[PDB]
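A short worksheet on the structure shown next.
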Amino acid sequence: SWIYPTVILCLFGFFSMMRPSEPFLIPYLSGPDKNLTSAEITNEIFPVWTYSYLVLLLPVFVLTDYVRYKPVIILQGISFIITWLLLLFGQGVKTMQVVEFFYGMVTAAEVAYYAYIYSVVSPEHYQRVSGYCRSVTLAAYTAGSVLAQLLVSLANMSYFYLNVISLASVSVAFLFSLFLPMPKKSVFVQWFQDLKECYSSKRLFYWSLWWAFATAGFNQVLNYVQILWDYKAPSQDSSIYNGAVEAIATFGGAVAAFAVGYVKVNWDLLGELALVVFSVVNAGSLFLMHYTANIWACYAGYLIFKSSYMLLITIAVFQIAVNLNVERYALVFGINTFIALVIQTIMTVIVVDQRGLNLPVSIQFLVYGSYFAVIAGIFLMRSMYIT
Ligand SMILES: CN(C)C(=N)NC(=N)N
């Protein structure tokens, strides 16, 4: 019953996220293969990704539910092929901006990937499926990560062929997405009112509020944890270690996601308790990374933070899916992701941008830990009052 769509979507999300070039993305397109400058790379190529992500998330939650979640997934499969074909056979800054654009399309449609499996299975499985889905994606990343390192350490395989393997992987994901079962059929202000009825759930305007604010800080930590590690321990082994300490971290997240799916625990009443415990765990882990001048303890702190976040976000997605009581699975996921990315953009503007605070990475993770400490504090105080 639920097994067939779940296996196909897990295969799609595995082969679509098994990307060996993701770690060595910067070495690929800043070395002899492309000679993109580091000045033109993070100031002209990468910033296009956030804008494309925003302006393509705008249709994705408006129109994903109407199209029954498969054409957007298929659009991700095609955009995966186009993105890595353009990376693989593209030259110049203008081309990589288009690459970024298609990557933003890829992620805005990965939102639909997350919603689709809820669109096809009964709510009784919504827990299990949830973990499995997230797990496979994380697992895929870890696989790709380690595979990349292996292909750089035992085969001396260039970044070009890593991108070739990435294209081969995401092309198989397109074939798996072609086999996904089609879900069965279900002015401006009116639409807004519908949104009000969609978010009306007490435990879904709360879980969504956690989703909106937690993943922004999580993305920020993902982006600048490499910089934090480089600052804490300057060494010549960052290429084989840093990404390697984020390969197992992701693996931990995977297990954490697989923790939600496998075990049969009533999350409806442990949801608040688990939310507050793992949010204060995220805060303590982020403070652990900043305060200790030892990269071995900071690695464990990052692993704990990533695992607890992945478990919490799996719980959040599951609880939003079951308590939604409307078909708008991608509308809530899409709007949550869009608001989270808006918060991430605003806060990365204030804290790390030159025109803002321009805080170094020494205080950046103190700020991130304070921010998460604030999310944990709001949920902790709200839960304490209710009781
Ligand atoms: C160019 N590609 C494929 C990216 N992953 N880009 C990115 N902004 N990380």
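Residue numbers run from 1 in the order of the sequence given. As the structure lists them, so they are numbered: ligands from 1, and atoms in each ligand from 1. In what follows, every heavy atom counts, from backbone to side chain, and hydrogens, waters and symmetry copies are set aside.
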**Message:** Out of interest, what does the PDB call the drug at ligand 1?
**Reply:** metformin
**Request:** Find the chain with the greatest contact count to metformin and give its name in UniProt.
**Result:** Thiamine transporter 2
**Request:** Using a heavy-atom cut-off of 4.0 Å, list the transmembrane segments of chain A in contact with metformin, numbered from the N terminus as UniProt does.
**Result:** 2, 3, 4
**Binding-site residues of metformin, heavy-atom cut-off 4.0 Å** = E22, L25, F46, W49, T83, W84, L87, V99, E100, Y103
